[PDB]
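Consider the following structure, which contains tepotinib.
Numbers for residues simply follow the sequence, beginning at 1. Atoms within each ligand, like the ligands themselves, are counted from 1 in listed order. If you check the header, you will see the structure was determined by X-ray crystallography, 2.1 Å. Only heavy atoms go into these numbers, but all of them, side chains included; no hydrogens, no water, no symmetry mates.
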Amino acid sequence: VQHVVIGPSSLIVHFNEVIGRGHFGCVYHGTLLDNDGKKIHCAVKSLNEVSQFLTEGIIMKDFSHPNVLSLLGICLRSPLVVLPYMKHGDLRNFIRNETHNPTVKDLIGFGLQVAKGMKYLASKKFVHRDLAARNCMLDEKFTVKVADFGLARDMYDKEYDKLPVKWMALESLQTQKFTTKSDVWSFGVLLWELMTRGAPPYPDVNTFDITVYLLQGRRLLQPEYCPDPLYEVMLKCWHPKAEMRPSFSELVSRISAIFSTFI
Ligand SMILES: CN1CCC(COc2cnc(-c3cccc(Cn4nc(-c5cccc(C#N)c5)ccc4=O)c3)nc2)CC1
């Protein structure tokens with residue numbers, strides 16, 4: 001924690017500007033100062049046991065990838081988690097917004113960015129457990145950051161019942177076993193959210209019903225603007241046998257090929 005401590009004098013937290021709400025606390029717009037006096041935009045996560053949470057999440061300072069959320073630091077005083085501000089907020093609200101019009105290629109490009117971030121996390125043997133479009137952020141350059149892990153972990157939406165059962169693999173619903181292969185299943189649902197522009201998966205299925213539903217021989221339907229090879233990728237992500245699901249390295253390779261076919 002020593003190398004990532006932020007002095008309370010160097011942090012301005014705007015408690016009036018709430019930009020996110022979670023069960024553990026709120027996200028606020030903040031301001032950090034650099035050695036030269038330049039203001040850096042923050043997202044300050046509040047935390048309301050605490051030592052255990054910081055112990056579990058301090059591994060995030062060692063992660064560094066352009067598609068993975070980084071940690072700016074921790075302000076000790078209840079501790080505050082300092083994260084980089086993500087101008088366009090969460091990926092799900094972005095694709096449901098009406099100020100921007102992402103093309104089918106842009107949506108596939110967002111999925112490819114997530115797959116690159118996940119490929120990095122899987123190479124570090126890190127299992128996300130809650131991969132979903134609501135849990136990825138978009139910065140000022142429209143770069144996707146896989147977020148909601150370590151110190152940033154929280155439930156930021158009401159899509160839990162708490163577990164995100166509609167994004168969970170069949171073996172995780174049955175035995176509560178989470179692996180990189182169950183993150184590949186969640187990644188499939190995330191591609192489907194991207195291709196439907198943020199539609200809720202299985203809308204007429206109650207969260208308690210999902211296991212029986214999947215076991216009947218059912219999967220999410222192909223969205224109307226989803227290319228066939230991308231729907232095949234989603235179907236491979238949802239393979240009933242975890243070991244038969246593509247790796248994130250294979251997903252990056254395959255999705256980059258599909259992305260390249262669009263003008
Ligand atoms: C209209 N609105 C005004 C504010 C604008 C900027 O808002 C921002 C909101 N949040 C951050 C931020 C950055 C780094 C880390 C986190 C923590 N974190 N939060 C979420 C999160 C936040 C809000 C809603 C939902 C959901 N569902 C999910 C997911 C994963 C995660 O790790 C938050 N930055 C900017 C966007 C447009």
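- Here, the main chain in contact with tepotinib is recorded in UniProt as Hepatocyte growth factor receptor.
- Nearest protein heavy-atom neighbour of atom 26 (C) of tepotinib: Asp90 OD1, 3.4 Å.
- Residue contact check for tepotinib: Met137 places a non-hydrogen atom closer than 4.0 Å to it.
- Lab note: per PDB, source of chain A = Homo sapiens.
- Nearest to atom 9 (C) of tepotinib by heavy atom, out of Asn93, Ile19, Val18, is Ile19.
- Heavy-atom proximity to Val27, at under 4.0 Å, picks out these atoms of tepotinib: 33 (C).
- Using a non-hydrogen distance threshold of 4.0 Å, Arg92 does not register as a contact of tepotinib.
- Heavy-atom contacts of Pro84 reach the following atoms of tepotinib: 13 (C), 14 (C) (cutoff under 4.0 Å).
- The UniProt domain of chain A holding most residues in contact with tepotinib is Protein kinase.
- Using a 4.0 Å threshold on non-hydrogen atoms, atom 3 (C) of tepotinib does not count as touching the protein.
- When distances from atom 18 (N) of tepotinib to the protein are checked, a heavy atom turns up under 4.0 Å.
- At least one N or O atom of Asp148 sits closer than 3.5 Å to an N or O atom of tepotinib.
- Near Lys87, meaning under 4.0 Å from one of its heavy atoms, tepotinib places the atoms 5 (C), 6 (C), 36 (C).
- Close contacts of tepotinib with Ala147, meaning ligand atoms under 4.0 Å from a residue heavy atom, involve 30 (C), 31 (C), 32 (O).
- Protein heavy atom nearest atom 16 (C) of tepotinib, with residue, atom name and distance: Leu83 CD1, 4.1 Å.
- Checking atom 29 (C) of tepotinib against the protein gives a heavy-atom contact under 4.0 Å.
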Check tepotinib for N or O atoms under 3.5 Å from a protein N or O and list each pair with its distance.
residue   : atom   : partner : partner atom : Å
tepotinib : 32 (O) : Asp148  : N            : 2.9
tepotinib : 34 (N) : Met86   : N            : 3.2

